[PDB]
Chemist: 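I have a PDB entry of caffeine bound to Adenosine receptor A2a; a few questions follow.
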Amino acid sequence: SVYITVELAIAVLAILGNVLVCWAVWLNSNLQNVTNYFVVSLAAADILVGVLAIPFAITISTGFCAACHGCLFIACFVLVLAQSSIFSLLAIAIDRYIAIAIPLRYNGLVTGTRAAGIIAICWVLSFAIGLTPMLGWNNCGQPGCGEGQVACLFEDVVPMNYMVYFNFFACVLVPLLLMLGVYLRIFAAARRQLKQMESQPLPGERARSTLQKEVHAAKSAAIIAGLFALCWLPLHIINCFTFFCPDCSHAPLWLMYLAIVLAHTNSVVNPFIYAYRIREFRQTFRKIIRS
Ligand SMILES: Cn1c(=O)c2c(ncn2C)n(C)c1=O
């Protein structure tokens with residue numbers, strides 16, 4: 001009951017943390033910028049983790065008996081939260097790029113309305129993708145619980161060709177490669193901005209301070225994304241060995257859970273990364289707790 005204990009420990013933090021973030025934003029209007037609209041999507045997504053995803057993960061670990069629709073939803077619900085985080089992290093990257101790249105058109109393009117729109121779309125696409133195995137791409141009953149109910153086991157009910165080709169490479173590796181490519185242009189151009197301002201006949205510390213603060217935000221965003229890939233790659237890398245290399249000793253269970261726990265931990269690092277990186281956030285939380 002140790003794995004269970006740790007999974008519950010995370011669920012608590014994942015909730016308290018991200019919920020604290022959403023509350024801090026709804027309280028302090030200085031954090032209600034268009035940018036943080038996506039951060040809210042990240043929070044809500046990472047909240048349902050300690051709310052449903054973890055509970056489901058703890059249940060499916062031992063396996064149970066249920067229909068295909070019910071057994072798939074429970075097993076593929078984590079793919080939805082993990083996929084939504086992809087769109088949110090990708091949007092934030094693009095956003096932090098638009099600001100530094102074209103500061104003027106930033107307010108003209110990056111609107112509070114389009115934000116809510118994109119988010120909605122992202123979630124829809126998250127359910128479409130995350131629950132693709134429920135569209136027919138599954139191994140329900142492929143060569144106990146009785147007729148009608150199927151032994152709900154993640155590896156047995158969920159195809160490997162999906163989580164590898166479709167899910168991992170396309171819906172994870174590609175995005176992360178796009179995001180990484182974005183931050184490449186972000187910091188590459190950001191340092192050029194400082195070089196042009198390094199050869200200016202005027203102080204203009206307003207533009208420098210602002211530029212440095214926009215870079216501080218883009219950097220903080222880069223750290224949030226990095227921890228995502230750092231906490232999900234291991235779990236996918238394991239599935240790459242199992243699939244592509246049937247000979248390669250199938251990953252043990254003790255190692256399997258560690259990769260799974262590492263993914264559920266990702267939802268917790270965010271609340272703490274804001275309180276540290278952003279001096280505006282930490283002062284917001286500090287107040288809520290006291291009062
Ligand atoms: C992504 N993933 C897995 O790849 C997995 C798993 N249990 C077993 N495997 C293989 N769980 C709960 C999971 O979330």
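For reference, positions follow the sequence shown, starting with 1. Because only heavy atoms are used, hydrogens play no part in the values below, and waters and symmetry mates are left out as well, while side chains stay in. Whatever order the structure lists ligands and atoms in, that order sets their numbers, starting from 1.
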Chemist: Which species does the PDB give for chain A?
Modeler: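 Per the entry, it comes from Homo sapiens.
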Chemist: Which of the UniProt transmembrane segments in chain A, numbered from the N terminus, have non-hydrogen atoms under 4.0 Å from caffeine?
Modeler: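 On UniProt's list for chain A, heavy atoms under 4.0 Å occur in 3, 5, 6, 7.
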